[PDB]
Amino acid sequence: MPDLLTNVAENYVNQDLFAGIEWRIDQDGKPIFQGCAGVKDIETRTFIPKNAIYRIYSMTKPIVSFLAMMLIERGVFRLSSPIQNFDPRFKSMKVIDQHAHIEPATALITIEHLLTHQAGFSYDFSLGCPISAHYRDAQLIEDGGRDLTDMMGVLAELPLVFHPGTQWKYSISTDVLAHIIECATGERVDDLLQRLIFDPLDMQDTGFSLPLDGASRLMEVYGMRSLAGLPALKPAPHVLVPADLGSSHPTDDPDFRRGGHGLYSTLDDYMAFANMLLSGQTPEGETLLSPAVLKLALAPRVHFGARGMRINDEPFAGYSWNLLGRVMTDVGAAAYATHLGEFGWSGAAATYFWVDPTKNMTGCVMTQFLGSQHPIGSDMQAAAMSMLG
Amino acid sequence: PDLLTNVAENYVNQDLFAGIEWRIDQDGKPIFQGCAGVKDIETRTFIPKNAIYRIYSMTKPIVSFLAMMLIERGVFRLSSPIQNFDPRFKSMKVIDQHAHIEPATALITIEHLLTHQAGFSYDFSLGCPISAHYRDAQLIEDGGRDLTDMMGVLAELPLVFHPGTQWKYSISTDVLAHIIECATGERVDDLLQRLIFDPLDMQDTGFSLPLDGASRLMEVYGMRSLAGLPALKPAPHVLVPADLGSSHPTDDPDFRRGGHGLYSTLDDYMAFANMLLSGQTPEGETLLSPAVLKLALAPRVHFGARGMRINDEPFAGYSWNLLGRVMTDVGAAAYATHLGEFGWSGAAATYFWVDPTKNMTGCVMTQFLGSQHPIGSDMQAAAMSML
Ligand SMILES: C[C@H](C(=O)O)c1cccc(C(=O)c2ccccc2)c1
Ligand SMILES: C[C@H](C(=O)O)c1cccc(C(=O)c2ccccc2)c1
């Protein structure tokens, strides 16, 4: 019953493992626990500003996935839609394996494959993956200044690493999804996110560029995990040194937009999104997604074998995959406190959130550390679970 | 006793075959030979001198041998993708018995064609997922269509498995004949004439009848029909003349195929069979080197418990080499043979064998489509027993 959340965060700051941390836990749509620890940057020790801004990386994916579900509801496409219907550059895909064998794909990539990371795409930083070296040579993630549409043209020429539908591998497929959304609608994904999600939820600080007053609110990002170079064979030491993002994550590029990363947000903005996922509605009662399609989106859809869900061989114990991210399907296999049906996702800079329908609960932890050797997100979830009976 | 004569005469006396010729050679010279019956039961004309037979799939070892000669001469190789010579065979699809279609994951090669592992089917393959589409396209029925044009129609149809992954007796020897034409810029009938028939003095073998051939052509009997669907049970074995429609013209100067269509004689086919003991003409001219003949005869496709089957009929103890069947287990065989015996047969019940352990060749010529009696194997067994 003590405040384990503050204890976790203060200990991380006091041990020089994270510069600054913010968190909020809501229940029934209202804050029940919240706090902050540390500073905006350790170089000057400026205090965490009001409505501090974070690079949320793959916490972009549940947002872009939710947009796709809205467009499915509105009839733009369906889960079974072949993506080549919208961009013929994804016609005639090939599949490569670890033995240098290449053959034509025997199934078409669908919207559902993109949402479930079963399309056969890879990721630039996937260690040991048969094709990731070719992704890195193409600078798919590193070259943030390249237009989404043009990056997709380069990706489309590369082989998949399995036949669509047959395996699971966490991937660039959410970026493909953002692009296919643009093809299917004739609109830009950032404009669609603004009009259909951010504005109805009053997420005024969320987007692919900083707000006008955003520079002074941007949290510094730390860590040794590097985008420029080969995936490491052992984790870099966990040290608070400012991270060099190269040109991968611009702050003021009006055309920068992605599906798998790239949003800036705030704790308050992301909690508005997370709370919405408990119902599909805005706080006033506008429906962003009907209950039936929200249930379709949250139902466990990819189930895993004995070794479970893994990303670069890191486990997500007891989790299955739904159309928006992870979902807890076996508390008896879980590695940290949770409840059946808890869902959410996380980002490369150690941001983390969850939604727990059994407790009408949402939680989010914001920090900026790339390559963390400490699972701060899960530690904060566990603390909150222990505090909510 | 003359077991060969007893088998043949019994077949004639029981009204099962109209006329039968046979010859067995050892060391290039006849040791057994005979005939029984007539050219046609309607007029009871005797089997003529140098009687002519439609040899159907005994065309395949000849066209396969030609392909081996062209391999030896560097025209192509076993691993050559056929799409290099005819791009209509680029981007093949594969269909299955559950209506699923997907792109082929391997290219069809020359070796696939020679081994019936390319994924092609045959018009009369009962139960085969794609054979209905072959029949709708009249691939075998339409004998007047030029080989090149028939191949264009075939190339648009899906395979029934991915190239290299299974065995199914098929139209692939016709594809091989066509790819030979593409690779050489010559016609397959002209190549066969120059490279095989003329050196072996096979003056009566070809895709059309000789000028004096009409009176020598044996009548063909049987109820197995090319027209309709493959039958669910065999038609009665009765001596009624067969209607070939337009599938097997006698005087079309452009008719040529890889899997069927040759006319030949007993003497001509024995010249070919005897050559396969050495790769040489009787005079000693080399048609195929010993090394490539060995490559062609070595067992290349091995079969599971069900063994080699064509429309579910077994070839017990046989494996497949680049020219046809080859005996690989005498203890599995269903009739007398020796290890390494090889050869093939045709739809009108013609049959031949080469037995290297005995320096022996044999051929039985008759004309019956849809036979319910294995006359070829009965005659091989009789000949083996007379040694
Ligand atoms: C999967 C990972 C995440 O969001 O978890 C992700 C997605 C997209 C981009 C990036 C990066 O920019 C990056 C930065 C430093 C090192 C490696 C990658 C990381
Ligand atoms: C497979 C079979 C054979 O040579 O064994 C074959 C190959 C080619 C053509 C034909 C036919 O014309 C035919 C004639 C009557 C009935 C069915 C097919 C038969």
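Protein chains get the first letters and strands the later ones, always in sequence-line order, with residue 1 at the start of each. Ligands are counted one by one from 1 in listed order, and the atoms in each one are counted from 1 as well. Displayed portion only: the contact tally does not extend beyond what is shown.
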Subject >> ligand 2: pick from dexketoprofen, metyrapone, tolfenamic acid, diazepam, amprolium >> reply: dexketoprofen
Original post:
In this PDB structure, which macromolecule forms the chief contact with dexketoprofen (ligand 2), named as in the PDB entry?
Top reply: Est-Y29
Original post:
For dexketoprofen (ligand 2), which other chains have at least one heavy atom closer than 4.0 Å?
Top reply: B
Subject >> Residues near dexketoprofen (ligand 2), heavy-atom distance under 4.0 Å >> reply: B:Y56, B:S57, B:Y122, B:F124, B:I140, B:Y169, B:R224, B:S225, B:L226, B:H260, B:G346, B:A347, B:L369
Original post:
atom 11 (C) of dexketoprofen (ligand 2): which protein heavy atom is closest, and how many Å away?
Top reply: B:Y56 CE2, 3.6 Å
Subject >> Heteroatom proximity flag, B:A347 to dexketoprofen (ligand 2), N/O under 3.5 Å >> reply: yes
Subject >> atom 17 (C) of dexketoprofen (ligand 2) [closest protein heavy-atom partner, distance rounded to 0.1 Å] >> reply: B:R224 NE, 3.5 Å
Subject >> Protein residue, atom and distance nearest to atom 13 (C) of dexketoprofen (ligand 2), heavy-atom basis >> reply: B:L226 CG, 3.5 Å
